[PDB]
Each structure stands twice: as C-alpha cells, then as structure tokens.
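So the structure is just underneath, and the comments pick up after that.
Lettering: A, B, C, ... assigned in the same order as the sequence lines. We're sticking with the PDB entry numbering for chain A, so the shown stretch reads 2-104, 113-142, 151-268, in order. Numbering, chain B: per the PDB entry, residues 2-104, 113-144, 152-268 in sequence. By the numbers in the PDB entry, the shown part of chain C spans 2-103, 114-143, 151-268. The numbering of chain D matches the PDB entry: 2-104, 114-142, 152-268, in order. Determined by X-ray crystallography, 1.1 Å, according to the entry header. Just follow the structure's listing: the first ligand is 1, and inside any ligand the first atom is 1. Below, all heavy atoms of this structure are taken into account, side chains as well, without hydrogens, waters or symmetry copies.
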Amino acid sequence: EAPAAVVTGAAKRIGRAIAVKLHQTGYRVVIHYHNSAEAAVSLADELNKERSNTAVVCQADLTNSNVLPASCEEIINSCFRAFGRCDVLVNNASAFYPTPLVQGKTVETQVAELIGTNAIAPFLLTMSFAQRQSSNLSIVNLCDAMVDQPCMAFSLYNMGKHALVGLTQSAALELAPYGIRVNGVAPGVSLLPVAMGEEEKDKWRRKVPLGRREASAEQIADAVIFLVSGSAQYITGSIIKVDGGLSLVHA
Amino acid sequence: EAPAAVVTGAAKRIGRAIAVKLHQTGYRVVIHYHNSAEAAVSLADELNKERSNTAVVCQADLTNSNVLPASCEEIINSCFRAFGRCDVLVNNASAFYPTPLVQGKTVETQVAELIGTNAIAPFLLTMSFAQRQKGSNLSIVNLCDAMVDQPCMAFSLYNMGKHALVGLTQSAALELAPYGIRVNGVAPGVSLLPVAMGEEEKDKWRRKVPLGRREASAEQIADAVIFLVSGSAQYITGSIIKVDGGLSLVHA
Amino acid sequence: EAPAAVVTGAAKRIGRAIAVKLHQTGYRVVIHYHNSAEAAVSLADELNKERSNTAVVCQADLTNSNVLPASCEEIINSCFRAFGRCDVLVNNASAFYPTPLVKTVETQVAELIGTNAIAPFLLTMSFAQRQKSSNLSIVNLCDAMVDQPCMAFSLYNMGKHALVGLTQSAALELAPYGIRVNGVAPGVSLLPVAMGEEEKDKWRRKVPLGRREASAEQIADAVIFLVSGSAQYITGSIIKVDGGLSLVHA
Amino acid sequence: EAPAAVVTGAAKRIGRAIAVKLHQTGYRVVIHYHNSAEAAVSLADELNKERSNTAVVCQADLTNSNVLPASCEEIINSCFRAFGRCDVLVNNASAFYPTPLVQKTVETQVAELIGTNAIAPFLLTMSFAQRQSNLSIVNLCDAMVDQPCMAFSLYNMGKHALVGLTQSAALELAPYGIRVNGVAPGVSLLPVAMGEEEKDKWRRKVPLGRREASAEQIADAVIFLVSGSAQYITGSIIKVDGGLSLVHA
Ligand SMILES: NC(=O)c1ccc[n+]([C@@H]2O[C@H](COP(=O)([O-])OP(=O)(O)OC[C@H]3O[C@@H](n4cnc5c(N)ncnc54)[C@H](OP(=O)(O)O)[C@@H]3O)[C@@H](O)[C@H]2O)c1
Ligand SMILES: NC(=O)c1ccc[n+]([C@@H]2O[C@H](COP(=O)([O-])OP(=O)(O)OC[C@H]3O[C@@H](n4cnc5c(N)ncnc54)[C@H](OP(=O)(O)O)[C@@H]3O)[C@@H](O)[C@H]2O)c1
Ligand SMILES: NC(=O)c1ccc[n+]([C@@H]2O[C@H](COP(=O)([O-])OP(=O)(O)OC[C@H]3O[C@@H](n4cnc5c(N)ncnc54)[C@H](OP(=O)(O)O)[C@@H]3O)[C@@H](O)[C@H]2O)c1
Ligand SMILES: NC(=O)c1ccc[n+]([C@@H]2O[C@H](COP(=O)([O-])OP(=O)(O)OC[C@H]3O[C@@H](n4cnc5c(N)ncnc54)[C@H](OP(=O)(O)O)[C@@H]3O)[C@@H](O)[C@H]2O)c1
Ligand SMILES: Nc1nc(=O)c2c(CCc3ccc(C(=O)N[C@@H](CCC(=O)O)C(=O)O)cc3)c[nH]c2[nH]1
Ligand SMILES: Nc1nc(=O)c2c(CCc3ccc(C(=O)N[C@@H](CCC(=O)O)C(=O)O)cc3)c[nH]c2[nH]1
Ligand SMILES: Nc1nc(=O)c2c(CCc3ccc(C(=O)N[C@@H](CCC(=O)O)C(=O)O)cc3)c[nH]c2[nH]1
Ligand SMILES: Nc1nc(=O)c2c(CCc3ccc(C(=O)N[C@@H](CCC(=O)O)C(=O)O)cc3)c[nH]c2[nH]1
C-alpha cells in the first residue's frame, strides 16, 4: 500500500515541489492550501492524472486562534479520510512579512499569523499527527538557515522560525519512542518572493557562495525526500541546511 | 537623575533578586507582578525604606490576548510616570509547565500563557520600550534557558517560547542597535528549583551540575544581569550568557 | 565513466561501510588504511571481485608531522594514478582515546589533532589543488556530541571542533570551484570493539530513537546522500545521525 | 595577598589591555611575549611603578613543537616563581594570517596557527591545573568563528578547537573549582598592517556604533569572567561584538 503525506501550503513554490516529489516517490498527498485554491486544484488534477485517486486538497487557515487546534486535527483527519493512513507531515506553510519594532493589520493579528503559521500550527499538527498513529513515520519542518542572522525588522517571523527549531527538537525527543522522526530542512535563499524586483533578487543571489544563485524548489524538496526516506531512519532532531553556504558568509 | 528599570515577574525568586541588585546599583525600579501582590508590595516597601520613592509596583497578566499590547505599553508607561525615564527592561516573567504532545487548561490557553509570557510579551515590551526612546546606557535583558537545545521531556510549548526569545534577543539587538539600545540574554541552567518540586528531584538536578553540584543562587543570575546593563558591557549586544555551572555541557 | 572516491580509515567499521556503499553506488575507491593491511586488502579483493579494477589500497599514518603534507598529497595522487580522477574525499580516519588534563603529550597532540583535523585539512588542500556533469565533494566524519564532550577527551574534542571549522571554511573557499564540503555527525554508532556489553548498553539506553546505536551502514547512508546529485546545493552542512542523543539532557 | 595572572601575548593590543585591567583590579601579572620584548618590558616597568614587584615578563614561542609542552610548563612555573601562586590564565596570544587551500611551509603554518590558537592553550591549561579562592581561565575566542574569513582555514580551525577546549576543560576542571570561559571579539583593534580603507569597511559593518571594540571593552569582559560576579559561570563564551555576528551577508 502506498504511504500518505500531508504538505501544508502546497499549492505553489516550495510546498508544490515537495508534494510533487513525494508523489513521484510513490506517496499519496494531501495538498493543504489557504487562499490559493485554483493552484491547489490544478496541482491535484495533475497528480491524479498520473495516478488515480492519489491527491486531494484541503483548505485551512493556520493563523493562531482558539479553533486552530480543531483545524489542524481536521487536516490530519483529511489524510486518513482520503487515504486511510498518514505517514508523513511536512510543515511548509508560512506567513512572511516585516513587523518593525519602531513605528493594516493589528499587532495581535501579526502575532497570530506569523507565530501561528510558523510555530503554533506546526505544533498542533504534530500533536494531531502523533495522536492518530515496517512503518516509516516522520515530520519535516521547513526552517530557515538564516535564523541566527535575521533580516532587519522581521522579529515576529524570526521568533516563529526559532520556535520551530525548538519544536523540531522537542518533538524529536518526545515522539522517538513512537518511532516518529522529526527533522528540519533550512533553506537560505530559494525561490525569492514574487513581489521582489529582479535587482533585489540578484543582490541575494550574488551572496551565495555555491553558484551565486538561489536554490531551486526541487533542491529543497530533495532534502525533504531524503529525510522521509529509509536512508534517514536513524536521523531525528536534525536540521539540514540547504543554503549553498549562504549562512557561512560574514557581513 | 538615577536610571530606571522595569523587571517583569519581580515579586519572587530570580526576578526579585534582579530587582534588588538593580536597586542596590542605584536604579529606580518597577516591580511587575501578576498574582503576587503582597510580595511585590513587600519588596517595594523594603527598597523604598532604603531610598524613598525609588520603587513602584505594576500589575499585569502577560498571557497573550487582545489586550496584551495595551498591557505591555502600560508597564513601560508606569516606569516613565514614576521616574520620568526607562533605561533598562528585564524580561523575567515566565509561565512554565509541561504540554505533552500525546494524550484543566485547553491547549490554546497553554499556547497563550507559555508563548505569551516567554516570547510575545517580551516582544511587545521591547517595542514599547524602544518607541518611548524612538528619539545614556539603554538595554534589555531577556531571561533565557541554557538548556534550550536539550529540552525537558514534554515541555514543547515552553521550549518553543524560550527559543522564540533567543530569536527576539538577536533580532532586537540588530534592529535597535542604531538607537543605542543593547539587547542581551542571561541563560540559567538550574537556579532556584520550583517550589513544588520534591526534595529528591531537586537533589537529582543538583548532582548533575559540574561546578559545585548545586543550583545557582538567584543572586548569581542577577550578577550577570548587572554586568550586561553596566558600562562594562557597552559593546555587548545580541549575546546570551549562560550561568549554568557547566550543566549544558553534560551529555546524557 | 565511473567517479572515484578516497575514504580514510576504510578497512573497518564505519569507513569500511562507507567504502562499500560508495562502491555499490558506482564509485571506484581508494581504501586508505594505517595498521589494518589485511582488512584493507580483503575489502579491496571483495570489491574487485564485484567489479574488476575498481578498488585499490593506500597506506599512510595520518599523525601530524613534517611529512604529513606529503603523505596526504600521495593519498590523493593515488586516486588519480588508479582512476584518473578524484571526485569524493571522505575524512573518516580518527585516533580516539582520553587525554586527561590532570605516549608523550606531544605524541597525543600529533595523533588526535593530526588524524581528526590536520590530515583532513591537508587532504582537502591536495584534493582541491588537483581540481584547480561533475559532482565534487568532501564529507568529514564529525561528532554529534562535540558540544557535550566526554570527560577527559579534550584533545579528541578539540580535533572534532577543528573539523567543524574546516568543514565550514573549506565549504566557503571551495564553493567557487564547485566543490561542496559537508559533515556527517554520528552520536553513538559502532561501539569500540573491546567495550563490555554492559557499557555499550549504558549508551544505547540513552538514545531516544530505538535505544540502540547506529549501524555503520546508517552512517554511510548520510554520506551517500551528501555526495549525491540530490545534495547539489548543500555545502557547509553537518548532518547529525544520532537518534536524538544530542538532544538528551543530563 | 594578591592573586596572580598569566596573560599570553600581553605586550601589545588586547593582551596589553587585559594585563593592565587585571593589574588595576589588584592582580600581579606575568606578561608573556614572543617577539615584542621592548614593549613587554615597558609594560612591566609601568605596572611595577604603580605597585612594586607586581609584574614580570616571560618570553616564549607558542608554535606547536615537541618542546611546546615544556615552554607552557615554564610559563606557569614563571608565575609561581615570581608570585608563589597562579590564579588566572588568559589565553590571548594568537598567530593570524591566511592559509589558502588552493595555491613559510604548510607544516610551519599548521604549527603556528594551531599551536598558538589551540595547542598552547591546552598545554597551558594542563600545566595551570596540575600546579594548583577564585581560579579561572579565559580563552580569547572569535565571535565570527562560524562566519569565517576567506582563506583563513587553519586560523579558524584553531579557534574552533579553542571552543572545544573551553568546554572540555570547563567540564573536567569543575571538580577542582577552576572555571573555564571565553571572550569572543568580533572586530576590535584592526591589524596594524590593514589599510585604512579596509579598516573602515569593517567598522561600517558593526551594528552597534559602526566602530570596532576598544581593547579595554574586550578586557572588561575578561574582568567580569575572572571576578566573583561570575562564580557560577563556566563553559560560557561571551561575544563582545557589537552585533556583528548577527549580520547576514
Ligand atoms: N523561499 C525562500 O527562499 C525560503 C527561505 C527560507 C525558508 N523558507 C521556508 O520554506 C517554506 C516555503 O517557502 P516559500 O517561499 O515557498 O513559502 P511562501 O510561498 O511564502 O508561503 C507558502 C504558503 O504558505 C501559505 N500560508 C501563508 N499564510 C497562511 C495562513 N494564514 N494559513 C495557511 N497557510 C498559509 C500560503 O498558502 P496559500 O498560497 O494557499 O494562501 C503560501 O502559498 C516556508 O516555511 C519558508 O519560511 C523559504
Ligand atoms: N529557576 C530556574 O532554574 C530557571 C532555569 C532556566 C531559566 N529560568 C528563567 O529565569 C526566569 C526566572 O525564573 P524563576 O524560576 O524565578 O521564574 P518563576 O518563579 O517560574 O516565575 C517568575 C514569575 O513569572 C510570573 N508569571 C508567570 N506567569 C505569568 C503571567 N501569566 N503573567 C505575568 N507574569 C507571569 C509570576 O509572577 P506572579 O508570582 O506575580 O504571578 C512568577 O512569580 C524565567 O524566565 C525562567 O524561565 C529559570
Ligand atoms: N563509532 C562511533 O560511535 C562514532 C561516534 C562519533 C563519531 N564517530 C566518527 O566516525 C568516524 C568513524 O568511526 P569509527 O568508530 O569507525 O572509527 P575507528 O574505528 O575508531 O577508527 C577508524 C580508523 O582510523 C584509523 N586511524 C586511527 N589512527 C590513525 C592514524 N594515526 N593514521 C591513520 N589512520 C588512523 C584506523 O585505521 P587502521 O585500522 O588501518 O589502523 C581505524 O581503523 C571517526 O571519525 C569517528 O570519530 C564515530
Ligand atoms: N583584534 C581583533 O579584532 C580580534 C578579533 C577576534 C578575535 N581576536 C582574538 O583576541 C586575541 C587578541 O587579539 P589581538 O588582535 O590583540 O592579537 P594580535 O595582536 O594579532 O596577537 C597578539 C600577540 O600574539 C603573539 N603571538 C603571535 N604568534 C605567537 C607565537 N608564535 N608565539 C607566541 N605568541 C605569539 C604576539 O606576541 P609578540 O608581539 O610578543 O610577538 C602578538 O602580539 C587573539 O586571540 C585574537 O584571535 C581578536
Ligand atoms: N514564507 C517565506 N517565504 C519567503 O519567500 C521567504 C524567504 C525569501 C528570502 C527573503 C529574505 C528577505 C526578504 C526581505 O528583505 N524582505 C523585505 C524587502 C523586500 C524587497 O526589497 O522587495 C520585505 O520588506 O519584504 C525577502 C525575501 C525567506 N523566508 C521566507 N519565508
Ligand atoms: N519560569 C521557569 N521557572 C522555573 O522554575 C524553571 C526551571 C527550573 C528547572 C526545572 C527543570 C525541569 C523540571 C521538570 O519538571 N522536569 C520534569 C521531568 C522532565 C525533564 O526534566 O526532562 C519533571 O516532571 O520533573 C522542572 C524545573 C527551568 N526553567 C524554568 N522557567
Ligand atoms: N574514532 C572514534 N572511534 C569511536 O569508537 C568513537 C566513539 C564511540 C563512542 C564512545 C564514547 C565514549 C567512550 C568512552 O567513554 N571511552 C572510555 C571508556 C571506555 C569503556 O568504558 O570501555 C575510554 O577511556 O575509552 C567510548 C566510546 C565516539 N567517537 C569516536 N571516534
Ligand atoms: N590574532 C588575531 N589578530 C587579529 O588582528 C584578528 C582579527 C581582526 C579582524 C580581521 C578581519 C579580517 C581580516 C582579513 O585579513 N580579511 C581578508 C579578507 C577576507 C575576509 O575578510 O573574508 C583581507 O585580506 O582583508 C583581518 C583582520 C580577527 N581575529 C584576529 N586574531
């Protein structure tokens, strides 16, 4: 029987690349999305055309709130409803925008979105994943190789990604007796934001020692596929940088 | 004019010792508390007996909520009202309890309390501190955890909150450096053990500590805070000083 | 045509498993050894039985000395003379024993810092100087417990910390040549051969994931990943393969 | 009775400021030097004019060699000979120059860079510990050890090894009451041979004040770590870098 995976924020960009690579490896996939319905459905169509009834979409807001635990439970439930099992959880979805400390969304909403998507929803999904469980069960968190060299005015995003390191490690420890491995993949610069001008993209690209270019989405996905594979069966609590050396570069 | 400091969770234990040492160094102090009003006021009475009108109290819940930004602005405002300045912020207050991943409070309440006290309230307090200096030896000290990367079993939300606080310490150091505000951390290993912890369990922890087989006094933690806010640390920002007796170096 | 790899300390244990897995992946191998000639030769004969002319051995002491640069250049040269190319270097060989603060101390320095750090550096130098479709990389065998050191192992621990520095420094400097430099950090894998089972069990019981040590093959699996086409943007990274051991407090 | 300290590489720059501030704090000092004899003697003269018989010089090469253990033992011995005790060791001396991977012999470069930055600190730590209050060791680390400068591999290896020594020795020497810590500058006094434009480039990188640390600011962290206000601190490395290490590329 084929294994099944949940990928959050999987309609586009790195999450799509991860869903596609898992599918190509033989997984059935739940493509979670928030606003990108058309893209999520187009991806699911493509994957089901390759192999019937191996892709479903699942919509949810992962902003923090008192119903977020129920929403996260429902995402995991959606994998069991479609496929009867849930082997892999990939926490990819992420809000990302600056929140300057010195002076439109309220700061409460910014906290809820940035901390919710990058940390609290991963935690709740991890709880629900574990509660529902030869086998090769694992979680992969999308971290940030630059977490200790943060971008200016991104405090809440950075706090969220630091919390996600903590979750990765805490959950690795606590879920190891259940055979559930918990790891991270930490991009440096991969696909730059769609809104970024080409000159700003090239400023980042020129900083990367290995090739002066950003990681492709597929390169990020390659590290996720390794960590979910049998070739990583003793690996838990590890965060693999996929950054071309960027984090090693001084100012 | 004497400088002024805010210390969160200052009625007892490490926060109390930090407030006392700041006051002995010459600071005026805001003693923040949540439930410990009697002890906050007794501390203020002791400090004001030493120097009149140099200590005030301030009550607030630091759980995340719709009112937390306002609550944190009013803590910083209380320092300006009492003393006309706010030179130092010490983010000490902290909720601490296990949150197992597998199975009275709901998980969302636990998120609010553990992430609010350890991370979001420090962030909001940091914002309000800086904004009130938006136009001297100004600094922030965050109480971290030397064991952040060897966490206790079933403490995921606490640990996430302390990891977030490392990120805030570093992010705020970078962003606030142009304003001359330094942002640093002090990371205890084991200091004063929880009052509800059994004597046997306290001794198990003490026996793990390489340096002296004992926990840090609250005063030893406070000594590192005093260093970081002093003129002897004026080039130090974004640094987290472990005060742990070697505990974090000990393998399983 | 087949890529070629150098594996130091490849006659036994984790090095041997790495050499086997690289050979199974299609590499020609140089099996470096110091004292274990019979084991090195038996491995070579096994590999060449699988595919003729795909394995050679190379003897060298990797203790620090005045001759170590020449010894390291000769190891790399042996790969070129055998196979015409050198695509992968795996720095595995390692002296390991306690050196309490309270053999002469200069010999202990030479052996522990030489094998764990200075020979990796010199091999890296020589590897790169010969490279002054391709997928060139270096993998250093690190230690997941490098920041939670074992008592009285200061020189070993210094050597492994230096190896982290080498990994990162060489990743930065060699990136323009397309040479990636990464690490694999075991926690506990194969325990020392003479260690009593009761002592091995003290370690095993500490490992969150399965209460067991890693096989040599599981360590080799991470090396195979890092040298593969699936790791082409990964440089300067150290992958723990430790079952969560480094996360466990005292 | 006044405690005594050994400071390696103490004739000039950061080591000099450390020796001065320890002396001002009440320590007797051994001013170790390699080539800077005139400066070392000058410092000892200055400190002894303030308090007689409180400073001596001690010459040694700290390059790795088969005699380095003997040399390190003799530095510690020189503190006992002068002052009858040795309370503090500051491992400051350091060779620093690039060693490109793609192209002094390489063996000499290994010896100098790994010797001064790592092996000599280890042997001095051994000798300090064996010869034994508030005893401690402070190692001069590098806040940029994980964001290394191009072509500085051997230097960087030495500093990484020094982190390991700091931690290992903290663990092993704790039962003896000897604390072992580090101070990690980012940019402090820039090299004398660095050109002005390059110095200004480094300064402009520093978030906190766009200036390098003074030698005295680095010494201030050393003073803290040797003091009674650090009595529970061991195995800690304090960055004194103005935020430099937090700045991305
Ligand atoms: N791109 C990089 O260079 C880079 C660098 C470092 C780390 N990373 C990490 O790698 C991961 C993927 O990066 P990326 O650039 O592909 O991400 P992205 O495009 O910025 O965001 C991925 C998805 O997150 C979803 N999302 C955002 N807010 C949400 C919310 N409130 N509820 C639910 N889902 C929400 C969005 O789904 P919808 O579109 O359906 O609304 C979005 O498509 C992220 O965790 C990121 O932090 C990326
Ligand atoms: N003790 C240790 O060994 C240790 C180890 C590692 C790190 N640390 C860190 O060092 C700091 C001090 O430790 P500690 O043991 O002294 O702390 P603690 O006694 O556990 O807590 C300090 C104070 O936090 C306040 N607090 C808790 N929840 C709050 C809420 N919802 N709103 C506002 N304030 C709240 C309480 O104030 P009221 O009493 O007024 O309600 C409490 O007295 C903490 O940040 C802790 O994480 C301590
Ligand atoms: N085993 C573990 O649990 C563990 C844990 C953490 C890290 N690691 C690392 O993983 C790697 C492999 O571990 P392992 O246990 O397989 O290693 P090992 O058996 O201790 O040693 C591997 C080989 O190193 C060679 N070696 C030792 N001293 C040498 C010298 N002076 N010159 C040249 N070669 C020398 C020996 O070759 P000959 O036999 O031919 O003389 C030996 O067989 C090492 O780097 C180790 O530090 C292992
Ligand atoms: N300056 C910075 O910005 C900076 C940045 C990061 C870290 N640090 C660290 O802080 C420390 C002090 O830095 P610094 O700039 O003051 O150092 P420095 O001037 O580069 O060197 C200090 C002294 O080291 C001695 N030394 C060099 N090679 C030696 C050898 N073979 N044997 C014995 N002693 C030798 C020299 O003594 P003689 O003059 O007597 O020959 C020299 O004066 C060093 O550990 C350095 O790595 C400094
Ligand atoms: N979820 C998620 N999505 C991403 O795209 C992403 C990245 C991409 C890299 C990146 C880093 C900094 C800025 C940056 O400096 N942004 C500034 C300036 C933008 C500009 O100049 O266009 C901003 O204000 O956004 C913009 C992009 C990192 N982490 C991420 N996480
Ligand atoms: N705010 C705050 N207050 C504190 O008192 C405190 C401490 C004290 C140290 C401490 C450590 C473990 C446990 C503990 O409960 N351990 C678990 C066992 C799990 C484990 O230790 O891995 C227990 O049930 O004993 C309880 C207390 C750390 N961080 C803190 N932050
Ligand atoms: N190269 C290399 N080879 C290895 O085998 C290895 C290991 C194996 C793990 C390990 C850790 C500590 C001790 C330990 O405590 N050893 C003590 C006691 C041994 C015993 O009790 O039998 C020692 O004195 O050797 C022995 C073994 C780590 N790093 C290594 N690097
Ligand atoms: N002992 C010791 N003495 C020092 O003076 C010192 C320093 C000072 C800072 C420093 C930084 C870079 C270069 C430098 O040379 N940079 C190269 C460019 C490479 C790069 O910066 O990545 C150059 O040629 O400038 C030279 C000096 C750091 N560590 C030190 N240790």
Look at ligand 6 and say which of pemetrexed, zibotentan, cobimetinib is there.
pemetrexed
For pemetrexed (ligand 6), which chain wins on contact count (greatest number of heavy-atom pairs under 4.5 Å), named per the PDB entry?
pteridine reductase
State which other chains have a non-hydrogen atom nearer than 4.0 Å to pemetrexed (ligand 6).
B, C
Return the option from B:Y98, B:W221, B:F97 holding the heavy atom at the smallest distance from atom 4 (C) of pemetrexed (ligand 6).
B:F97
Option whose closest heavy atom lies nearest to atom 19 (C) of pemetrexed (ligand 6), chosen from B:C168, B:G177, B:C160
B:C168
Taking atom 1 (N) of pemetrexed (ligand 6) as the reference point, the nearest protein heavy atom with its distance
B:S95 OG, 2.9 Å
Give the residue, atom name and distance (to 0.1 Å) of the protein heavy atom nearest atom 8 (C) of pemetrexed (ligand 6).
B:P210 CD, 4.1 Å
In the protein, what heavy atom is nearest to atom 5 (O) of pemetrexed (ligand 6), and what distance, to one decimal place, separates them?
B:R14 NH2, 3.2 Å
Between B:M169 and pemetrexed (ligand 6), does any nitrogen or oxygen pair lie at a separation below 3.5 Å?
yes
Counting non-hydrogen protein atoms only, what is the nearest one to atom 25 (O) of pemetrexed (ligand 6)? Give residue, atom name and distance.
B:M213 CE, 4.5 Å
Identify, for atom 16 (N) of pemetrexed (ligand 6), the protein heavy atom at the shortest distance, and state residue, atom and that distance.
B:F171 CE1, 4.2 Å
Minimum-distance protein heavy atom relative to atom 22 (O) of pemetrexed (ligand 6):
C:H267 NE2, 2.7 Å
Distance to 0.1 Å, residue and atom name: give those for the protein heavy atom nearest to atom 29 (N) of pemetrexed (ligand 6).
B:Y174 OH, 3.0 Å
What residues sit within 4.0 Å of pemetrexed (ligand 6), counting only heavy atoms?
B:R14, B:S95, B:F97, B:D161, B:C168, B:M169, B:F171, B:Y174, B:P210, B:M213, B:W221, C:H267
